[PDB]
2 protein chains.
Amino acid sequence: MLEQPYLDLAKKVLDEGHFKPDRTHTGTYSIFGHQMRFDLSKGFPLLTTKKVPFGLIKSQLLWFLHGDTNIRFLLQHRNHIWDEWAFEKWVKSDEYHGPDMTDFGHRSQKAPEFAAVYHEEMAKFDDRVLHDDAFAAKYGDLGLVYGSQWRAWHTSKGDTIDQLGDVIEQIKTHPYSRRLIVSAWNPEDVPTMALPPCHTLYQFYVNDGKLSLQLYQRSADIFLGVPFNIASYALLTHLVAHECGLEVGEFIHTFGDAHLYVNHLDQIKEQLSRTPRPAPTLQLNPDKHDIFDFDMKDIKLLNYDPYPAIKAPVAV
Amino acid sequence: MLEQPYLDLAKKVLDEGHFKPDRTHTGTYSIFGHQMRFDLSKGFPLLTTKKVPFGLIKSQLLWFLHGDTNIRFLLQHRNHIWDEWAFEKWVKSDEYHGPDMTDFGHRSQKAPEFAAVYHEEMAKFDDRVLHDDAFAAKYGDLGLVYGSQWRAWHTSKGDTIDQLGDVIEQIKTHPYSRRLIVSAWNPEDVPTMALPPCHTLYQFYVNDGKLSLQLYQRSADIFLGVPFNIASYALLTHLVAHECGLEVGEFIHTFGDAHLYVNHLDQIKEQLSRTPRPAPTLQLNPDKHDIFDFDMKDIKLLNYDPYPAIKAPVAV
Ligand SMILES: C#CCN(Cc1ccc2[nH]c(N)nc(=O)c2c1)c1ccc(C(=O)N[C@@H](CCC(=O)O)C(=O)O)cc1
Ligand SMILES: C#CCN(Cc1ccc2[nH]c(N)nc(=O)c2c1)c1ccc(C(=O)N[C@@H](CCC(=O)O)C(=O)O)cc1
Ligand SMILES: *c1cc(=O)[nH]c(=O)n1[C@H]1C[C@H](O)[C@@H](COP(=O)(O)O)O1
Ligand SMILES: *c1cc(=O)[nH]c(=O)n1[C@H]1C[C@H](O)[C@@H](COP(=O)(O)O)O1
């Protein structure tokens, strides 16, 4: 069925993959250079062999398309993907006078009262972020995320370039070019960023009547992040298309380093004894047209039947 | 042998390729999303089935790595790839008081004394560019080429970021990351450029002892430009490697729109009856280390045996 691309690249790696040392010191298994494509007419690429949550997926992409770079939207929307990130600027300053959640990362996991205390201090960041307007303002703003990359790229002369918006319109106007590229990689900001864009660039394309998209990813977690990244880029392709009056052709995913962690091998093996069930379907509220106007409810996923969700030891 | 990637993608297109309208109005045949890789241990990827000139290739890449954005280096080096470009800013101004080489493009080809007059006026641009220091200065400077992209990216606060240089050093220092990316796509300059970077981004990678590279190209001419683009990116990989004390693994080429023109189908067919001969070899001056110091002579190509060069009707 549709997710076989995913099972085949997971085969690739734990077989042809050659180990690589790492940033949070649990080795990985890496391949470099890899493409796979999913034809969005057969159905939507979420995985039936592991539960992948389409609610977090959804909230996250929608925050991207508003230009939002503030976790307040994500926290009132039961999304926490990005929490740690901002909680990491909080704990290192003038203000943090509390019980040191410093270096909290693996420290939370295979370590002491970093089940509570850590996980009890987040209530404090996530409450104040939801309430104190003066709080989110500053500590819940996350600076440079996909929002500023996609809709407010920063130029020399102060201005903000909505390069995604410009793009979408470029599409309705000149559907046949090679030039529908949004880059999330800006070199002067790259030097000093905690995570600089992993989803690095993407190209849109009009086929004959169909839209396609191609994502270049430079670094990609096969078990943990990849399932997700597929559904968010296939959502984008449905969303841009409903907007320009189009049919959906394929989403193509090109990889720089796709890599599995040793933390994750017994667990992908487990995925692998399951045999993919039918591909789910997507219905978009047809009344509304204009994707920046869409909201949680306007995007339904029909006929999804998941194999149980495999338990993720993260790395650090 | 090594160039089969190229013959297979040419098969792809004139067979699976679906026509696409175009910018200089001679239709094309297009596929979207495509990867191929060449293992640089078996030899160097120049094509034995068509003459591809390694001198222009060479001069061109070397101009890139000096930060140069001025055709004076290229013209005293028998390279003319980029001429028309600057001759196009010349003919539209204050200064051009001559015999109107206006719109000169297909106008040169299937049209009157645009064999001479056109091709006789270039002597004037290319002479003055070689001599008048005050000429190259201004009209032979080509502004934003791969040189400024690769070694002087333009930031907000005046500064120039040598993102290729930084990269190479990043390599010697942290050989194992996902972060060796050079982007030639800057969104604020993109809006208004005659040709904005086609060779859009590339990722370097250290294998176990070997360097690899991956080029994302957004738009790619299969008969005319692709032969070339392979040899320049495989040269870069040999050059960066000799510098960091490394072995050469692969060059991987990922395509956005790879496309053939109707102008070119009888001619690629012709390529195709030939059967690739042995792959050539590359010797780099081993004394010199530091690629920005290299020069024409320091790069030899041994054992190249070409099939005759097929005559290129360009498009416009
Ligand atoms: C894009 C992307 C994926 N991403 C982003 C992202 C960012 C940095 C990374 N860093 C590393 N080392 N590996 C990754 O896979 C990774 C992924 C994620 C971020 C957090 C969680 C997480 O633990 N929080 C979930 C837990 C629930 C679940 O497991 O279903 C949460 O929402 O609370 C998961 C994925
Ligand atoms: C990168 C790249 C390729 N490029 C750059 C480049 C830029 C714009 C393009 N535009 C279009 N429509 N198609 C292309 O293939 C193309 C290629 C080239 C540029 C000029 C010539 C050319 O006619 N001049 C050669 C002729 C000699 C020969 O045919 O061997 C010369 O050097 O004088 C060839 C390739
Ligand atoms: C990048 C960012 C994101 O949103 N999700 C991801 O999958 N990642 C991953 C990639 C890699 O596993 C790690 C960061 O890579 P690097 O060490 O910085 O090169 O998080
Ligand atoms: C891009 C620039 C270059 O150095 N060499 C190339 O091969 N090209 C090509 C791509 C395409 O054939 C044409 C420009 O594409 P677009 O119409 O601007 O999208 O020249």
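Chain letters run A, B, ... following the sequence lines, proteins first, then strands; residues in each count from 1. Values below: every heavy atom of this structure, side chains too, minus hydrogens, waters and symmetry copies. When a ligand or atom number is given, it counts from 1 through the structure's own listing order.
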So what drug did they put at ligand 2? CB3717
For CB3717 (ligand 2) in this structure, which bound macromolecule has the most atom pairs within 4.5 Å, going by UniProt? Thymidylate synthase
Which other chains line CB3717 (ligand 2) with heavy atoms at under 4.0 Å? B
I'm curious, what organism does the PDB give for chain B? Lactobacillus casei
Measuring from atom 2 (C) of CB3717 (ligand 2), which candidate in B:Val316, B:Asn229, B:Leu195 has the nearest non-hydrogen atom? B:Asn229
Test of understanding: given a 4.0 Å heavy-atom threshold, classify the contact between B:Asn79 and CB3717 (ligand 2) as side chain, backbone, both, or neither. neither
Does B:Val314 approach CB3717 (ligand 2) within less than 4.0 angstrom via side chain, backbone, both or neither, non-hydrogen atoms only? neither
I need the atoms of CB3717 (ligand 2) closer than 4.0 Å to a non-hydrogen atom of B:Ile81, numbered in the order shown. 19 (C), 20 (C), 32 (O)
For atom 31 (C) of CB3717 (ligand 2), which of the options B:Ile310, B:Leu74, B:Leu56 provides the nearest non-hydrogen atom? B:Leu56
I'd love to know which UniProt active-site residue in chain B is nearest to CB3717 (ligand 2) and how far away it is, heavy atoms only, to 1 Å. B:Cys198, 6 Å
For CB3717 (ligand 2), which atoms have a heavy atom of B:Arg23 less than 4.0 angstrom away? 10 (N), 12 (N)
What do you think, any protein heavy atom under 4.0 angstrom from atom 24 (N) of CB3717 (ligand 2)? no
Should the proximity of B:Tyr261 to CB3717 (ligand 2), defined as any heavy atom under 4.0 Å, be assigned to the side chain, the backbone, both, or neither? side chain
Within the protein, is there a heavy atom lying under 4.0 Å from atom 20 (C) of CB3717 (ligand 2)? yes
Using 4.0 Å as the heavy-atom cut-off, which UniProt dUMP-binding residues of chain B are near CB3717 (ligand 2)? B:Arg23, B:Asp221, B:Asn229, B:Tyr261
Where CB3717 (ligand 2) meets B:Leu224 - atom numbers and elements under 4.0 angstrom, heavy-atom basis: 15 (O)
Mind checking whether B:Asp221 contacts CB3717 (ligand 2) via backbone (N, CA, C, O), side chain (CB onward), both or neither, at a 4.0 Å heavy-atom cut-off? side chain
Could you help me figure out which residues touch CB3717 (ligand 2) at a heavy-atom cut-off of 4.0 Å? B:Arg23, B:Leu56, B:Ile81, B:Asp221, B:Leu224, B:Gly225, B:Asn229, B:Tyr261, B:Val316
